[PDB]
Each structure stands twice: as C-alpha cells, then as structure tokens.
Amino acid sequence: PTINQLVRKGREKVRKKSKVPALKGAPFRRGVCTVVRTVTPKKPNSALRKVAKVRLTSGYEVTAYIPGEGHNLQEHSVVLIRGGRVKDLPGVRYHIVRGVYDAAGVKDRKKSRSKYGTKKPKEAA
Amino acid sequence: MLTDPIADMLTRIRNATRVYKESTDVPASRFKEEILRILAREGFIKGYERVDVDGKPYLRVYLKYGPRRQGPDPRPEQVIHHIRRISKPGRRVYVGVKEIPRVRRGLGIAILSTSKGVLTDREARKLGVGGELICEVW
RNA sequence: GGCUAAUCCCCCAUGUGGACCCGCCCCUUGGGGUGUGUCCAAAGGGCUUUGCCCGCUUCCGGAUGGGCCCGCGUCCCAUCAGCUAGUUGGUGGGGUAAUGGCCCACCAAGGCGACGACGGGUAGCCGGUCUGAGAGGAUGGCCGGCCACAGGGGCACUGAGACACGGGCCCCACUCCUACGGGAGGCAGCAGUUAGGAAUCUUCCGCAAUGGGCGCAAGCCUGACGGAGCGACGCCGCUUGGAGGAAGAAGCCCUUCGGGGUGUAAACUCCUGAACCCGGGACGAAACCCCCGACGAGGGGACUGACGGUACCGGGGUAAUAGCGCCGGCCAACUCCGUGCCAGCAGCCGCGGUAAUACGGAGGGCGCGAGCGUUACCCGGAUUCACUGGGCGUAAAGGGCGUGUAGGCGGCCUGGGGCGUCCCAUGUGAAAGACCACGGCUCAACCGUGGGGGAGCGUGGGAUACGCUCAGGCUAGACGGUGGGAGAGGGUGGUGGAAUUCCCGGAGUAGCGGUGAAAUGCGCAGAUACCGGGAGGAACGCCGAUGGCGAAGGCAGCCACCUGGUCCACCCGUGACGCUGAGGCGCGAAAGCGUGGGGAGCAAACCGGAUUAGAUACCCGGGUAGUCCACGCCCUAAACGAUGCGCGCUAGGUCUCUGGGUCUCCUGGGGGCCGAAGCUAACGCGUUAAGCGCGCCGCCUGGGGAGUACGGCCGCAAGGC
RNA sequence: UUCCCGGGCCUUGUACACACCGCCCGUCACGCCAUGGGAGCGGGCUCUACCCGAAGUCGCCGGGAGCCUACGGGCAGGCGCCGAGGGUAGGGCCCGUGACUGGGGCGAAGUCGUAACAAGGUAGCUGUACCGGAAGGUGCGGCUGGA
RNA sequence: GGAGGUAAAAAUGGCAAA
Ligand SMILES: NC[C@@H]1O[C@H](O[C@H]2[C@@H](O)[C@H](O[C@@H]3[C@@H](O)[C@H](N)C[C@H](N)[C@H]3O[C@H]3O[C@H](CO)[C@@H](O)[C@H](O)[C@H]3N)O[C@@H]2CO)[C@H](N)[C@@H](O)[C@@H]1O
Ligand SMILES: [Mg+2]
Ligand SMILES: [Mg+2]
Ligand SMILES: [Mg+2]
Ligand SMILES: [Mg+2]
Ligand SMILES: [Mg+2]
Ligand SMILES: [Mg+2]
Ligand SMILES: [Mg+2]
Ligand SMILES: [Mg+2]
Ligand SMILES: [Mg+2]
Ligand SMILES: [Mg+2]
Ligand SMILES: [Mg+2]
Ligand SMILES: [Mg+2]
Ligand SMILES: [Mg+2]
Ligand SMILES: [Mg+2]
Ligand SMILES: [Mg+2]
Ligand SMILES: [Mg+2]
Ligand SMILES: [Mg+2]
Ligand SMILES: [Mg+2]
Ligand SMILES: [Mg+2]
Ligand SMILES: [Mg+2]
Ligand SMILES: [Mg+2]
Ligand SMILES: [Mg+2]
Ligand SMILES: [Mg+2]
Ligand SMILES: [Mg+2]
Ligand SMILES: [Mg+2]
Ligand SMILES: [Mg+2]
Ligand SMILES: [Mg+2]
Ligand SMILES: [Mg+2]
Ligand SMILES: [Mg+2]
Ligand SMILES: [Mg+2]
Ligand SMILES: [Mg+2]
Ligand SMILES: [Mg+2]
Ligand SMILES: [Mg+2]
Ligand SMILES: [Mg+2]
Ligand SMILES: [Mg+2]
Ligand SMILES: [Mg+2]
Ligand SMILES: [Mg+2]
Ligand SMILES: [Mg+2]
Ligand SMILES: [Mg+2]
Ligand SMILES: [Mg+2]
Ligand SMILES: [Mg+2]
Ligand SMILES: [Mg+2]
Ligand SMILES: [Mg+2]
Ligand SMILES: [Mg+2]
Ligand SMILES: [Mg+2]
Ligand SMILES: [Mg+2]
Ligand SMILES: [Mg+2]
Ligand SMILES: [Mg+2]
Ligand SMILES: [Mg+2]
Ligand SMILES: [Mg+2]
Ligand SMILES: [Mg+2]
Ligand SMILES: [Mg+2]
Ligand SMILES: [Mg+2]
Ligand SMILES: [Mg+2]
Ligand SMILES: [Mg+2]
Ligand SMILES: [Mg+2]
Ligand SMILES: [Mg+2]
Ligand SMILES: [Mg+2]
C-alpha cells in the first residue's frame, strides 16, 4: 500500500493463538481422571489408542493420551498433563506424564526411559 | 500532471536506454539542469543543451552506452545499470553526513541536494553537509 | 485531688533584621529597593573556667531533597461514536509552602471528539534484559531511578517533611482474650506455618566491616548489611586417572560360517595423585580512642573479625561416581530378533496389514556430559504485516459506477523569511550493564580501572539546493470562447407496420397440434388450413457489424420537444484555478415488495400426458403471480476487461468508427487483431500494458467453519451492509 | 462404415493420474466436541436517583449548663455541610448455567439417489424468486471460468 | 456463402496402502 495508507492504517500484528489452553500456559497441570478408555484414530491408521478424560484443577475436562505400553490408570487416578497432541486422534491435545502420583512408568522399559518414567534397572552392571 | 518532475526525467532517461536511443527530451528546469550537471561529470551522459520545442524549453540529454558486445544478444552494456528516485513526494528522505549510504560500495553515485547546492555523496562528506537524498545511479 | 524541675508553655523588653497594608522608584506575572505605621525573637548545659566547647534566636546566602505546571513519546478493541454539572470560562473568596473548579457562592454557555473523546479489556513505567544482519519484535525477573500501595475503605493529628507498613481514630470481614461490659491484633520486613500450585530456601551467625539513627564522647540500636545454610535453578571452573598393552582373552552381537565387531576396550605392568590425615594460618583493619602540638594541620601509639581455623600454604597419602537423548528423510548415526493396521511411534511428511534401518528388545553407532531430554513461553527462520523488505487479470485480494467533504499530493521563473531539513559549538543523556584495552581472585564465571561514542531534546550561530510560506510573473497542466461533427446517452408526448392470440362474417371439411417415437389436448356443437373486418397488449425484422453511445447498470421502428456527455478545428480569454478522494450523497440489470392500472405472447409455483426402477426434472399440452405502465421501495451479480482513477515515457504493421487539413497521405479521439523492448510462475499483456515511473484511494495475508452467529445500522418483508 | 466391441494417428475437454471398473455432491442413521438461539436462573463489575450515615476537617453557637494560668479569649460540649459504607428502586455491559432447538466441524469400510468434472449424458456457474426427501429442478436477466 | 448452428436412450464401483 502507499506510505500515507500505512500512516493511517498501519500494519496488523499477527498475534498467534495458543494450541494449549492449560490456563496461564503452565508447563504441567495436576488432574484426576474421570473416564479412561480406548478410541479409534483417523482414516490412514487403525488401532486402539488409550485415552483419558481428565478433570484438571482449572475446572475444565479434557482428553489425555496415555503413552507407552500398559498402564495402571483408573476412575480415581491422579495424573499430570504434559502437552502436545496426537496427530491421529482428533480431540486429544495433551499428554500424560508417566511416573507421577498414580501413573506408574512403562513396565520392562529399557531404552527411552527418561520419557515414559522408568528408573534405571540394576543387574550388576 | 507530473506529480514529480524529477522522476519523469529519470524515467525518460531509463526508457531511452533500453531502446538505445541517441537522445531524449525532458522539460526545462533549473533544478533538473543542476541534476544533469552531475550526470555529465560522473560519466553517465554526453551532456545536454537548452533547446526550444514549439516555444517551450526542453533539454536534449545526449545518452551514452557501452561497447557493442559480440555473440548472442549484441546490444551493448548500459552505462546506467540502475537509476531510481528515492526521496519520492510521498515519502521525503532526509539524511546527514553520518548516515550517507555506500551506493554499490562506492562504485555508484548518490546525488543529494544540500544547502551548498546539488552535490553528491563524495562531495557531501568532503564539505560536511548532507541533505535530501535525491537518487542513486550505477 | 495535691505538689514539683527544665532546652516545656506564656508575658514584657531589645531589634541587626524579617513579615504585612499603603505610597514612590527599578524591573516588569507575586523579583529587588525604600519611607511611615504595626507585629515577631530567643536556652541553657559541660569542663584542664569569668575562657573555650555543645546547643538556642532572627535574617541572608550555599548545598541536598522534594511540590506544582508545560512540550513530545507511551497496549488492544470502531462488534465502543458521541461524551460533558464543577462540566468549560470569568469575578470574589476559602485553602495550601505554592498555582489551579483544589473546594464554595454568582454570572456567561461553554469544553472535548475519527489527529479516535467517552467506554470496555489489560498492564506499574524506565535505564535495561532476550532475540535479530539490521530495522524491528518480545520483555520489565535480580540490580538501579521514579511511582503507587501496607487486611479492604474513609479521615485527620503531630511535624521541616506523612494522610504515615511495625503511629492515632472510625466502618467492614476475619482471628484471639474475657469476670460478657469491652478489649487485643494486621509478616506485600527477616526467617518460619498453612493454603493454593507443576514449582520456589534457614524460625542460622555477627554488628568485624560499609551505611543509617541518637549521643561531646564512651557507646547503644540496625533480620539495612556483611556472611553462612538449603536447591544441578542458571553460568563458570574441575574430577571419575595417565603412559604402556596381543594380528589382538572371555562374554555378547552379526555371519555369504572362512570371518568380522565391541576392542588397545579390559585384565595386567609402571607413573602421577581427588578425596582424606597432620601442622601452620590470613587480606578484608584502619579510623573513631589516647599522647605531642590548641581536643585544627601534621606525627606517634594501642584496641577490634561473624565468616573461621575457613579459603590458602607446607608434609604425608588412596585408582578413586556415569549418565541421558537419538540412529527413515529433514538430521550425524545400521544390523539381528519379536510383533503382524495388533501392540505401539510421532515436531512436519508419515511408519506398522509375516521377512519394519520408522513399534519393542539386543548388539553396534552418533551427539552431549553432571548433565541430558521433555513441556510451556519470547525472538528468529517468517521477506507468511514486507519502513529497510511483499502483493491484487486467472492462486487470497480493485470498491458495481460516479460526484464530492476532509486529508494526502501537486507545473515553470525570480525575490523575502528560514518552519521541515543540514552543519558547528555548548548543556543534558546518573550509575550499573553492554563494547574495547589493562588489571584482581592460581584461570574463567565474577569484579575493579580507564577509554569510546549513539540517537533524542533545550540554547546560541550559520547555510537556502529541495519541501513549506508570503509577494510578483509566465504559459505547456486544467477551464472557458468561436465555429462545426457523429451517436440505440437520458426523460416526456404522440405515432407506423408485420406477426401471435381472441371475437364476428363468408367459405370448407375428417382431422389438427405435438415428439427425437406417442399420448394428454383441440375438433362434425363445424376445428387445422384460407379470405374479410375488429379489439387488445408487448416487442421493433431488413438497415445491423467482429459497429456506435454512456461513468457503470445499460440503451434499437419513427417524429418532435426538453437535456446530458464528448470530439475536431481556430489558437482568442482566465491563469495553477490541479489529481486522487476515507465519510457522505446520487445512480444501479434481473428477480422481488407495496399501492392502482393493464394482460396478446411467453411463463416460476401448480395440474395433466409420456419417459423412468422412481421424475417433485429434462420433452409435450394447459396455466397463476411475474414480464409491461405510473409512483414509492429493494442495493444484489460471473455489477467481468474477474485489470480503480489521473499524467509523463518506450518499435511498428494491419482492419474499422468519427472530425480536420495545402485531404497520394498526414494528424486528433475511439473500437479490434498481431507483435520491438520489457514484464510475468506460466497462459498471456504489450501507446486501450499486466512495461518504465509518480500521486491518491479501496482491498489481500492458508483452507473449511462463513459472508455464518452475536452486536449496530438500513428495509414493508425477502434480506442488504 | 451409420450403429456394438477392440485397436492406430491427429486434435479438443478434464476437478481423472493405483487413471471412467476414475472421481465426486447432498439429505438420512450412529458417536464425539465446539457454538448460536432459548421459558429463564445464578454471579461479577458499573451507573443514576433517594433514605440513613461513624470517625474527622471546616462553618455557626458556645447559651437557662461546666473547666480555665493574664477572660470582648480558650477548652469541653452542641448544631450543620461533606462524608466511608449500609439500605431501597430501576438500568447497562460481561461471565456461567438451562429442558429443548437450529445449523456446523470431526470420526476407515451404514442407507438413498447422480447434481458437478468429458456436450458428464439438460453446457456450467451465478444474483433473485418459487418448489422439491436430498444433492437439486424450473423462471427472469447476466457471465465465458462453454460449443 | 456468411450467419444461424445437429442427442432420444441408461444409475453405480466398499476402506486404506510401492
Ligand atoms: N465433511 C464436510 C461436510 O460433510 C458432510 O458429510 C458428512 C456426512 O454426510 C458423511 O457421512 C458419510 C456418508 O456420506 C457416506 N455415504 C457413508 C460414510 N460412511 C459416511 O461417513 C461418516 O460416517 C462414518 C461412520 O458412520 C464415519 O466413520 C466417517 O468418518 C464419516 N465420514 O460424513 C461427513 C462427515 O464426516 C457433507 N459432505 C457436507 O455437509 C460437508 O461437506
Ligand atoms: Mg533596622
Ligand atoms: Mg516581644
Ligand atoms: Mg496489575
Ligand atoms: Mg529478519
Ligand atoms: Mg495480607
Ligand atoms: Mg501541621
Ligand atoms: Mg511508620
Ligand atoms: Mg508488618
Ligand atoms: Mg499442594
Ligand atoms: Mg555495623
Ligand atoms: Mg558504623
Ligand atoms: Mg573378545
Ligand atoms: Mg586483617
Ligand atoms: Mg543420516
Ligand atoms: Mg521382522
Ligand atoms: Mg525415529
Ligand atoms: Mg528400533
Ligand atoms: Mg519479520
Ligand atoms: Mg515463530
Ligand atoms: Mg513494505
Ligand atoms: Mg505475497
Ligand atoms: Mg481470485
Ligand atoms: Mg482538497
Ligand atoms: Mg511544488
Ligand atoms: Mg529553519
Ligand atoms: Mg550510562
Ligand atoms: Mg565501567
Ligand atoms: Mg492564447
Ligand atoms: Mg502564484
Ligand atoms: Mg473524482
Ligand atoms: Mg435494481
Ligand atoms: Mg424487474
Ligand atoms: Mg408489481
Ligand atoms: Mg389496499
Ligand atoms: Mg403456453
Ligand atoms: Mg433410468
Ligand atoms: Mg410447459
Ligand atoms: Mg464482460
Ligand atoms: Mg478509486
Ligand atoms: Mg471496476
Ligand atoms: Mg488506436
Ligand atoms: Mg496481442
Ligand atoms: Mg448475501
Ligand atoms: Mg501411424
Ligand atoms: Mg482424445
Ligand atoms: Mg447457549
Ligand atoms: Mg474582645
Ligand atoms: Mg443465557
Ligand atoms: Mg446445542
Ligand atoms: Mg449427472
Ligand atoms: Mg449436466
Ligand atoms: Mg446440470
Ligand atoms: Mg437462478
Ligand atoms: Mg419444477
Ligand atoms: Mg448406491
Ligand atoms: Mg460411473
Ligand atoms: Mg471406490
Ligand atoms: Mg491403513
């Protein structure tokens, strides 16, 4: 546009929107599960992904993904929301930190145990 | 209506160099006459003269171009590779002696009107004045 | 109730001086001086004592700190467009150290706002910090400057200064003590408790230092501070050895089984030596104090350390923690096994459905290392808000079109000012940080010293090319005159013929319409086809075109009236009068709405007949609004050249419309085609640019949701913006 | 050589490219979620008018009534204006909720049709109006993004 | 010889993937 049009109107800042409404953008958020289940993903894939409706401290109720293989989550389980969505599950935008307050780590995990919360096993080595 | 008579001159020059014309006609102005005085000393033209067209004074700016290259596309290289107005009437550009640009690492010229007259970048830093940055030619 | 002392309170005096009224003078907003009148002062204490010291009083001056005012700058929402009663201004008062509607009476009716008032959301601001090539974007944590607060809210008192965190009063909420009647309290100080939360410390030591308060001093107080303690929270420094070591053990992994990999890794051999143990042991400390000199200058002596026996120095002396991410591409690092669209991975594209370098494990590899990954946020990449530095024919995007307010911009010459702009000098731009050198901790992080500068703004002086302004002038822009030209430009009024349908008369008969094939339908009640006559509405064949006109929508028989735009010539006048144009205003196809008229043909909806699996459609036969007229509304479009307007420049060739000429041909305007250069992503554009420029306006910022919902305006509604 | 099937070349159209045994549109059934409307309900903030109104400054009295150290004065006390807030009454914006409802987005293999892309078998799109289970058909005018 | 311009037929193809 012209210079005079830019003195009058100006330039609009983009001001990006959040993809994580965790109420003040905290890194984590404690929440209790309400309904834990399995759903079906989008069209290119097909499996039974474990999901969980979590009643967080902020008053809302959001679906959360359980990572790894196997868990110990129930109707009265306390979890910790991490963030990050699942591409194949529409409606799932958060993740559950394993290894905290009620969600035990992936049993018999050996490689990437920083994620999925599993301690260092000690077999004389 | 000629909102800017200076850019019409520089565009008449630019339009006459792409067709390799001998000369072109720009209207008369004592300020454009001083701008063309700088284009002649630095070597972008041959000169001008206060001609008269139907009782109206114009300026026959004689052009100048490079050697006739061989091979494909035999048109010669331009002596004016680039010319454009900076301080347009919509946005007047005013500069000082510290903020003078290095037009093509000194291989170009920066004409700018000062209180000491129509000078250029190398003459502005020598006298120490600066002013309205008119145009860049290279 | 009663004594009682002072640096407590008061009265009288003295008045250098000061305050106030009035007059005069200088200046010139209440600054300074002067004269008359009036008013105002005050404290004592200690010693080597009729001599100093600490204090007191009044006035002037310095230095510091602060009050008020002004210029400029300071987030988003216009789906917030009007706001204003102490509101705006004056007069006189009150109040304050001091102006002011700060407050009060009276008068005048003003003040602010698209340069965004008012309102709504959010936020303490800065020096700086983070990023970035830069411009900018984001931020205000530690430190420093200013502010605002002290459970929420109001208020004053004392005082140089407070509307006062650890002072007072009152109201509310809450906690606590009660003899129940009326009392106590305010950790957003230092620690600490609880709550909330993903998450954030020790109820530590000391006034040794520096700083603050009091005091002549001695000294007292300081959770200010100096330090210690917790936490990989960040950065920096360091350790888990080092040199040897077999053509190369065991174990494990792969194997085309011949071998290769881990792997000079290990064991082993030398060597040094974290930790640890012993002894010593700080800098930070020198003043205040005392003595000589006069308790001055100068000189001399002594006291004092939390950290801390700590860093550190010397001697001795042990082989002494390694972990995390990744290995499809981006992206550095590959093989075996399991699993079989299961379990699962995932930042993007995407892997997995029997042999997966993408899941899980193992081997091996890569990357970093007391760290490594993840999640959230900021900048970057993002030149995807483009000032540097983007765009709109077809990808997102030119307003349907004009006229025009403000605004932005504006031709040639010569003068005056010097506002923009430019230079020089000066002042400011605190420190810290950052940057460059040199130092101090054994380096670095950290810290000290010095140096260097931005911009911005105030003052003085200069320059006058460009922008602005004032004045004079000029004609190339623009407008006007004179004479003519073409056109479906617009409105009104009248009018011509062909044809369709209907009615009437004559004539005449067994079928007519209709499909792409047939029915419905019409017709012996006399149809179709033919002649004559009449009514009525609508549209104007040939001319007619790839044509003309208008800003667009759009405009076609003919006549006349009213009327607009435009073109050429003559070069006569005005003389820069210009271009664009947010808002507004007006026009705006078709369909649609209201009110009345009209209704021949056509024809949404509707009903038949066919087709069809079905037909709410395509085809056929009927047919109502509508189409048409008058006025008022509606305001849309593939309102398209999907190209806003104005001016200047840049090769031509050819067809056509319309003027002018000394009319072979030239030149002005307009409608087409092909194409120099050039542009473009390509198609294509190309003097009627999508080229090269400049001015102004509208618009764009991934798709769906959506031109939707809410709010606002408009409308009779439909619906529009 | 008109017509069925297959093939060759040229050209044209394409939304097809695991390529017409292609693609693709809407209604319906199911599930998840977000949003609008909705008899209304609950909450925050804010505004206008009024009633009462502590502390306290200031203004008047200071007397049929006190205290006083210099008394045509002071203090106590009393009155009035202002006043934190409380109360009542009507509004304004915003947030949350609500039986039910409208359309929407998403979710591998459900039903019904064949609208579009090839003259897509009725050239398509488009503005408006009417109708129809639905994509959609028809009317009037327009467009070339068609012959 | 330049405009005008010649349909009677007919629905569909489960999902994802070199
Ligand atoms: N997606 C946009 C919207 O989709 C609408 O379509 C929606 C429905 O019409 C459509 O339903 C389709 C159906 O058309 C088709 N005939 C069968 C198909 N199985 C259905 O599919 C749907 O349902 C199944 C479960 O039943 C879901 O797993 C699947 O994800 C979903 N697409 O699924 C769509 C939503 O996924 C319309 N096309 C239109 O309004 C609009 O374009
Ligand atoms: Mg005197
Ligand atoms: Mg006296
Ligand atoms: Mg705040
Ligand atoms: Mg950049
Ligand atoms: Mg508190
Ligand atoms: Mg006082
Ligand atoms: Mg205090
Ligand atoms: Mg306190
Ligand atoms: Mg907690
Ligand atoms: Mg101290
Ligand atoms: Mg001290
Ligand atoms: Mg081995
Ligand atoms: Mg010492
Ligand atoms: Mg690689
Ligand atoms: Mg396998
Ligand atoms: Mg991977
Ligand atoms: Mg693997
Ligand atoms: Mg950027
Ligand atoms: Mg980014
Ligand atoms: Mg830009
Ligand atoms: Mg772009
Ligand atoms: Mg487009
Ligand atoms: Mg104007
Ligand atoms: Mg000018
Ligand atoms: Mg000036
Ligand atoms: Mg500084
Ligand atoms: Mg420094
Ligand atoms: Mg003349
Ligand atoms: Mg003039
Ligand atoms: Mg105009
Ligand atoms: Mg209309
Ligand atoms: Mg109409
Ligand atoms: Mg009508
Ligand atoms: Mg009526
Ligand atoms: Mg009919
Ligand atoms: Mg059929
Ligand atoms: Mg019909
Ligand atoms: Mg068109
Ligand atoms: Mg325009
Ligand atoms: Mg247009
Ligand atoms: Mg032409
Ligand atoms: Mg062409
Ligand atoms: Mg609409
Ligand atoms: Mg052949
Ligand atoms: Mg073909
Ligand atoms: Mg609702
Ligand atoms: Mg008296
Ligand atoms: Mg509600
Ligand atoms: Mg709903
Ligand atoms: Mg079809
Ligand atoms: Mg069709
Ligand atoms: Mg169709
Ligand atoms: Mg239509
Ligand atoms: Mg129909
Ligand atoms: Mg079907
Ligand atoms: Mg098919
Ligand atoms: Mg299929
Ligand atoms: Mg699949």
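Order of the sequence lines sets the chain letters (A, B, ...), proteins ahead of strands, with each chain counted from 1. The displayed model is a subset of the deposited entry, and contacts were enumerated within the subset. Remember, it's 1-based here, ligands and their atoms both numbered in the order they're listed. What you see below is based on every heavy atom in this structure, not just the backbone, and it leaves out hydrogens, waters and symmetry mates.
The drug or candidate drug modeled at ligand 1 is paromomycin.
In this entry, more contacts with paromomycin come from one chain than from any other, and the PDB entry calls that chain 16S rRNA.
Other chains with a heavy atom closer than 4.0 Å to paromomycin: D. Heavy-atom contacts of paromomycin within 4.0 Å involve D:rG26, D:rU27, D:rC28, D:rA29, D:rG105, D:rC106, D:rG107, D:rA108, D:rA109, D:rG110, D:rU111.
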